[PDB]
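Lab note: Toll-like receptor 7, imiquimod bound.
Letters A, B, ... label the chains, following the sequence lines from first to last. Going by the PDB entry, the residues shown for chain A are 27-435, 459-475, 490-835, listed in order. The residue numbers of chain B are those assigned by the PDB entry, with the residues present covering 27-435, 459-475, 490-835 sequentially. Determination method: X-ray crystallography, 2.1 Å. We use all heavy atoms of the structure for the numbers below, so side chains are in, but hydrogens, waters and symmetry mates are not. Each ligand, and each atom within it, is numbered from 1 in the order the structure gives.
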There are 2 protein chains.
Amino acid sequence: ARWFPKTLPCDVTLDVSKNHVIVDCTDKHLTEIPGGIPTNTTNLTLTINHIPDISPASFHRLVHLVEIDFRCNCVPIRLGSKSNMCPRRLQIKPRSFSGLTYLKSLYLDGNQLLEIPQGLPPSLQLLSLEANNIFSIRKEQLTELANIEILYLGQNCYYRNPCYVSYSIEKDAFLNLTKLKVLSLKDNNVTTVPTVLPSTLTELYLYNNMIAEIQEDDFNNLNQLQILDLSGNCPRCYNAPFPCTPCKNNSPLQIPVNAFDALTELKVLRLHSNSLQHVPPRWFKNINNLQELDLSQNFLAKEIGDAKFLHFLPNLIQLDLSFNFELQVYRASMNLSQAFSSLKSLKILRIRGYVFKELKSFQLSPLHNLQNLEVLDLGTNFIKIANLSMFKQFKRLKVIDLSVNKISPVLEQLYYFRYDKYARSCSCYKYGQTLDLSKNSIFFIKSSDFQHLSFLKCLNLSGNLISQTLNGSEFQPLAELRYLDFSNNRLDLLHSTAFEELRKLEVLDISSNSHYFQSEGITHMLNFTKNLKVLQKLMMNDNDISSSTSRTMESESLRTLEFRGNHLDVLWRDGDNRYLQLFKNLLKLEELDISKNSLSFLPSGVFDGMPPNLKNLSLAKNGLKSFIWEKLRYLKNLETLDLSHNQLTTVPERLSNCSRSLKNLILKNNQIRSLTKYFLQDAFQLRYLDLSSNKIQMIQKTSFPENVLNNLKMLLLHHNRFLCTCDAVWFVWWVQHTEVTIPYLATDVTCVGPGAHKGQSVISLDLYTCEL
Amino acid sequence: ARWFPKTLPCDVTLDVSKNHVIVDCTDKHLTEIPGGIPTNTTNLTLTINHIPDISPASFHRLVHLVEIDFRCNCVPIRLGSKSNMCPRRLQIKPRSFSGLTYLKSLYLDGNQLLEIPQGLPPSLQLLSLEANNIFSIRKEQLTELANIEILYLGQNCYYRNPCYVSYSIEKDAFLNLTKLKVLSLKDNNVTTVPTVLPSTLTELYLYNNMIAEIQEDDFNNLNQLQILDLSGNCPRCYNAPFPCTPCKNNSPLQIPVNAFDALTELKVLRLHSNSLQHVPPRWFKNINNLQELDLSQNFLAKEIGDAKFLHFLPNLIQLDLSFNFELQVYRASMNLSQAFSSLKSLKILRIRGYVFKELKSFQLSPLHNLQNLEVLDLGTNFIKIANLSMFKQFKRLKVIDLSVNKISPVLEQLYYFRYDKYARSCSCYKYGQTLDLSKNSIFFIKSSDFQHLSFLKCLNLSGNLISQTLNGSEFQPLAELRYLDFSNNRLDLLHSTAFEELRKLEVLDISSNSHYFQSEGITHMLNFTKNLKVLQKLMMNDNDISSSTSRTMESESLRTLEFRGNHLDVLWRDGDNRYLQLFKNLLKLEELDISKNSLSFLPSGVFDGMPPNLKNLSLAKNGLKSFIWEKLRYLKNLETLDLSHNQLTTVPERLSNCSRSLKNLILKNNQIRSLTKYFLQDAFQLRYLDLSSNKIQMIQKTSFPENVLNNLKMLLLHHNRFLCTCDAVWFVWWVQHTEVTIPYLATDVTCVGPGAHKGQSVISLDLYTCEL
Ligand SMILES: *[C@@H]1O[C@H](CO)[C@@H](O[C@@H]2O[C@H](CO)[C@@H](O)[C@H](O)[C@H]2NC(C)=O)[C@H](O)[C@H]1NC(C)=O
Ligand SMILES: *[C@@H]1O[C@H](CO)[C@@H](O[C@@H]2O[C@H](CO)[C@@H](O)[C@H](O)[C@H]2NC(C)=O)[C@H](O)[C@H]1NC(C)=O
Ligand SMILES: *[C@@H]1O[C@H](CO)[C@@H](O[C@@H]2O[C@H](CO)[C@@H](O)[C@H](O)[C@H]2NC(C)=O)[C@H](O)[C@H]1NC(C)=O
Ligand SMILES: *[C@@H]1O[C@H](CO)[C@@H](O[C@@H]2O[C@H](CO)[C@@H](O)[C@H](O)[C@H]2NC(C)=O)[C@H](O)[C@H]1NC(C)=O
Ligand SMILES: CC(C)Cn1cnc2c(N)nc3ccccc3c21
Ligand SMILES: CC(C)Cn1cnc2c(N)nc3ccccc3c21
Ligand SMILES: *[C@@H]1O[C@H](CO)[C@@H](O)[C@H](O)[C@H]1NC(C)=O
Ligand SMILES: *[C@@H]1O[C@H](CO)[C@@H](O)[C@H](O)[C@H]1NC(C)=O
Ligand SMILES: *[C@@H]1O[C@H](CO)[C@@H](O)[C@H](O)[C@H]1NC(C)=O
Ligand SMILES: *[C@@H]1O[C@H](CO)[C@@H](O)[C@H](O)[C@H]1NC(C)=O
Ligand SMILES: *[C@@H]1O[C@H](CO)[C@@H](O)[C@H](O)[C@H]1NC(C)=O
Ligand SMILES: *[C@@H]1O[C@H](CO)[C@@H](O)[C@H](O)[C@H]1NC(C)=O
Ligand SMILES: *[C@@H]1O[C@H](CO)[C@@H](O)[C@H](O)[C@H]1NC(C)=O
Ligand SMILES: *[C@@H]1O[C@H](CO)[C@@H](O)[C@H](O)[C@H]1NC(C)=O
Ligand SMILES: *[C@@H]1O[C@H](CO)[C@@H](O)[C@H](O)[C@H]1NC(C)=O
Ligand SMILES: *[C@@H]1O[C@H](CO)[C@@H](O)[C@H](O)[C@H]1NC(C)=O
């Protein structure tokens, strides 16, 4: 199919429209730039390899390069692998880039460089030097960068990459970079705002440094600035998950009342973790276009009840006041200033970590007439008491977030506390109004708890303490509910009328309610589904279900059932036929996950007991030691079969004689050592085949006919035991010449032998002696 | 060291005192009896193999045999592996056993035999034929068994091994077995008690059959009988986890009032799952020595409130009345008859599954003066209300079991519901008075909850809903408490005074309290240990701990810390030195488990931060990719190092130069491919070395010096990648001739190559061609 097999260990992609030739050698275990990169290459990515040096020979023929991504070939020791440490910093020889007349972007992050590389072409718009060892910026070193527009210099001096001195920037070092728009000096041990800066700047990142004072006029000329981040200067260090040294005398970052006067275009101001005790209104007197303000992790508890500065922010969209609580103070309630009611445009208000015992509707009245409010986040406040009915006045909201509180009758998990949330590396909301009570202490629910909440579309009760026999009465007011997350509670399914009052329920998650399923004698009614007439998806994963009082689950509507992490092996004990049709009467079911059910064999009758429209079946991670492939004929609509992570040793003699319809067959991580003589013969709408991580030694053409192999969208063969003898001549030739996508050819499709060929890639194999 | 290497694939043990030669071939994948079994063999075990037949040649020379254990060489299909099903039943040719003049015990269970084997020697005392296909007993087939004392014939006709007809026993089939003492016909589809049985019987097992009625004279001559089990005849089928057919019209097994009159020696009566509604006192009129009575899984709920039969049971030790509740009835309280107070000798009372809402002190008053009572089990009763102070009247008890209830302000997991709890296969009580409240709904505790319980030595609160900041006040009355199981709650360690009122506490289990450790911003005081002055063992596994407000844990008493399943990889993030001494001030710590902490590397400072008397350290299951063995020099008292299940690839050049104290080194399941030249040179304190499940190809003599191998109690080498070429001549010869204990030589110490030798045991390898 190809006359010239591709031997380059990089992925090569073509974008005709933009005339781009994309060569991606990410994580190919290279120790040298590979030979034979196409001369027309425009984008070359060499990230995460161990190439030790760059030189004029490196990109000699690649004169059309617009981008070189050469990140992390020598990452600082504390940031990189300790098993394969980089022995010596990257070496860049003179004139390696000067011939790259079209070069627009150069990423050299994470290479332990000591200086800004010189000789850079004047076409360059973007230079990235994060996580190097450059901590002195001099003007001579920047003249080469006359046309630069984006400059990343951060993470060159901080606790994961120390330089042991203060960062140094020469007076006016950046001022003649007349096109510079984005400057990032974060995580750098910087002590003063550099001046004077070019007035073209749109974004200035100065966060996580040692700046104790802003001068008057530090930002005097930046009338185009749109984003300013001064966070983490004078940090709030309590419970910090990184080594944290506060400014002396409990001092805040000191910002003169007029410091932002010039910033008329400012849209985002981030003052997270600056130990602020007051927010002077004067700050915002000539900023009228501000949309995003981050004041989290300061000491603004007393200020939130006053907050006169809010009157100057009628265009604010997002306000974050999280984690401003006074240490060791557990306030009785939340005191929001009336000034909040002047925030016409506010869509998102986050006030986590205010820390108070009781939320009362009257406390939220300053927010009552904010017409655009979409998210109210009061998580992580240790609230013990909240009458949920108070949110009848907030029907317009999209998300009411009370996650992680102590109530009883999506941001990253580390978000407010991590060092740099933007560090670069080498859900039910869509259903409508959402009330998030997850991770609270709700141990008993009753209908009155939800009075005036009929508008709710998604209720998250995950991770409460609900240990109750639901009888269909607990959720009466929730007439519109489409999504209920009940996971990680202690559901007791004594009554099959559980949940039946949620008449519009489409998704139900009762996963990780294993508690009552773990003790003998307790009754479980798994047929509670019959009464839910629009239920589309049911998740009951990790419930340890090993017994059921009812012998059939019933639904006219269910399409998806997740049943992972249960004990169907016990339910289907050989000789007990009573539960072999447990899923048979789920007549619209198309997807069934019964992985992780300890099913070491499938009793005969399982496949005949499947519902008729089953499309996606997972039997993964079952320790399956044998499989009667012929029984798949019962599954007349089957299109995806996931048998991964089992102990299978054979494939069917004729996949065409087992499942005529099957499109995706996943057999990775089994014990298959050979294929049947005619395995894929006539399997014409097979499209995806994963045989990776098995023990296959040889494959012959009869098992792998081309009538099927090139209608394959992907064929996975890596991590097997291929024997590269003269018997493998067809397989080797086909792999070398095929158009079919086979991942990891450059890295993990390898001969195990014989001898000379051990560890050699099949792509590089020369078997001419077989043809002498 | 040996002149004649052992090639027999069986373990051979010598007991000089008992004149026994024990040959154990259990599960050796044998398809024939091996040649060369010692002529002096007295005990030969061939269980779980695939030997298809027995013949006079089988034991031809083994005339001293006293026991043959030939179980499970052809298991019934539903009971056996479905990947290696037995193709044909065991074949026994005539006179295979008649020469075995000393044979006392013959186990032929699970071989699909169709008849009682004939030709057995008259020495035979024990014959076991369970899980065969023998379902008609004729007197002629039993004549060979004149001296038999123990006869196991059950599991020959039941749902896991059907015969599709009723069991048949000829009239008086057993009567001329004049020495018969133990007869078991369980799980056999038996329809009547066989009569007449020999009066020498001491134990009669008739359980799990289809006996609907006992005749008044069925047991008339059994004046020596000590154990009678009639359970599972007319079973109680509600929630049965096995196919269960009840007697018609809800009838119980029906037992005339005088059916037990002859059984004056009876000590054990088992009537579990007989659908009994009454226990007539007349049953026990001539039974005065009964010690154990099982009446579980009947319908005796109302009888328990009357129970006149108990007046005839003054010598009873154990009484089981569990799971007698009326279906769909949730009683208000438990009604124990006053007759219970006549149970003078009772030690154990189990009344699980009575099902009632409220336990009150007065309900237990019939038990108040049972002086010998040790165990009171009221688990699995859905009790909602119980004042724990009532157990001040029960200080003499060893265990008060309220496990699995619904209280709010050790038997196998399947026990009462499994089909045959005696089916054969092919904890804090020791601290003193124990109150087991595990798996209840306790969400809040206060000191008054434990008023008058100061005598308690162990409290099990595992698996409640306790989501509370303990401050040292919640357990004040528990002045004698030595063991607290607080696992699987939601401990909030805000205060370092948590648990300090438990002044005699020696063991604390706060494992699986990960809830509050999983959300950022929450304060956790890990230094709460300082206040527990006799605390010996702390378990805090599976807490997901990744942050700590305190930097050091402190204790003058702690000897064992389990810290498995946390995130020390995050706590010890490279460049953050603040927690590197977390354990340093546990000055008496001898055992530390920090397995499963995602430690892919160990930051420098970890080993210097360890406390000085550490002896047993586990770093297992960490994904460890590298290890600086020299740092072990800091651990001057280290004796056990568990590095199993990691990704290590090398051993130290000289282990002796890394640790002078190390005795036990566990390296199993790593990626080691070779040993260093002088690995064990002069490692004189080494006693135990596990290298199994690595990728080792070759071992040379320099690595394994003889003066070290001679002190090894065990050296594990199985499941490596041994290359059996002429380069391996020393290793192969040494393995064949050494006295060092090496497990699995017969099964899993194998050549992977070259070619011809693939899969061959190295013990069987002949390398003479290397020496021509
Ligand atoms: C190839 O390199 C060019 C040059 O850097 C990339 O072009 C940039 O793409 C981003 C994506 O929106 C734009 O925001 C930048 O403005 C572009 N810069 C220039 C100078 O054009 C291009 O994305 C790269 N393509 C691939 C597939 O890697
Ligand atoms: C940031 O700069 C400070 C100096 O401003 C560095 O601190 C010095 O470190 C040296 C060597 O570690 C000490 O001898 C000095 O006493 C320190 N000076 C002060 C004022 O503390 C610090 O190491 C730098 N931070 C990083 C992460 O490199
Ligand atoms: C070897 O076989 C003999 C005879 O079967 C075993 O001796 C019996 O051991 C049980 C176990 O306690 C005793 O109750 C019996 O009284 C013993 N004698 C008989 C005739 O059964 C002996 O235990 C076996 N040894 C081993 C190591 O398996
Ligand atoms: C126990 O014995 C009964 C008969 O006493 C067996 O039941 C018969 O089974 C055959 C074959 O399935 C049926 O055609 C008969 O109608 C059954 N008779 C009755 C009275 O039910 C039963 O199969 C046996 N049980 C086992 C496990 O072998
Ligand atoms: C059928 C009842 C008489 C006993 N019972 C059996 N299963 C259950 C169960 N899951 N929850 C319960 C909760 C309260 C009371 C009884 C039960 C119960
Ligand atoms: C110290 C408080 C100002 C805030 N706080 C910080 N960590 C915690 C914590 N684990 N549990 C709590 C329980 C109730 C109230 C506050 C907290 C709390
Ligand atoms: C709320 O806090 C503000 C700010 O100090 C204060 O002026 C006001 O009195 C407080 N109101 C209440 C009800 O606590
Ligand atoms: C909660 O507030 C609602 C008002 O919407 C009221 O009807 C209800 O009684 C309140 N519940 C409690 C427990 O105060
Ligand atoms: C509910 O909350 C839990 C825990 O906070 C979260 O993991 C889960 O994804 C949420 N459920 C939905 C449906 O968004
Ligand atoms: C579920 O099945 C059981 C049969 O075991 C029956 O008692 C119960 O009424 C059924 N419930 C529904 C809703 O069908
Ligand atoms: C307990 O039940 C028995 C059985 O009928 C009855 O005779 C007795 O009066 C009951 N006692 C109490 C206190 O309920
Ligand atoms: C529990 O019983 C004790 C008597 O031993 C009594 O002092 C206490 O008040 C009772 N507690 C409750 C809540 O009834
Ligand atoms: C406490 O009870 C739990 C749950 O039944 C059990 O797993 C655990 O072993 C018990 N703890 C002790 C110390 O006996
Ligand atoms: C500890 O908590 C209990 C109940 O929350 C309270 O009665 C007691 O005063 C507290 N003790 C201290 C020292 O705070
Ligand atoms: C635990 O550590 C915290 C801060 O690290 C300290 O305030 C507290 O007093 C300590 N408690 C004990 C018992 O050492
Ligand atoms: C390790 O070996 C070297 C060379 O024999 C020796 O100098 C050194 O002291 C040894 N270290 C230990 C801890 O035994």
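- One finds imiquimod in this model at ligands 5 and 6.
- Heavy-atom contacts below 4.0 Å between imiquimod (ligand 6) and other chains occur for A, B.
- Other-chain residues and nucleotides with a heavy atom under 4.0 Å from imiquimod (ligand 6) are A:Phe351, A:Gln354, A:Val355, A:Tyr356, A:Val381, A:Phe408, A:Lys432, B:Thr532, B:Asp555, B:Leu557, B:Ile585, B:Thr586.
- In terms of protein heavy-atom proximity, atom 5 (N) of imiquimod (ligand 6) is closest to A:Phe408 CE1, 3.5 Å.
- In terms of protein heavy-atom proximity, atom 7 (N) of imiquimod (ligand 6) is closest to B:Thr586 N, 3.0 Å.
- In summary, the atoms of imiquimod (ligand 6) found under 4.0 Å from a heavy atom of B:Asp555, numbered by their order in the structure, are 9 (C), 10 (N), 11 (N), 12 (C), 13 (C).
- The protein atom (non-hydrogen) at minimum distance from atom 1 (C) of imiquimod (ligand 6) is B:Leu557 CD1, 3.8 Å.
- The PDB records the source of chain A as Macaca mulatta.
- With hydrogens left out, the protein atom closest to atom 2 (C) of imiquimod (ligand 6) is A:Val381 CG1, 4.3 Å, a heavy atom.
- Residue, atom and distance of the protein heavy atom nearest to atom 3 (C) of imiquimod (ligand 6) are A:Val355 O, 3.5 Å.
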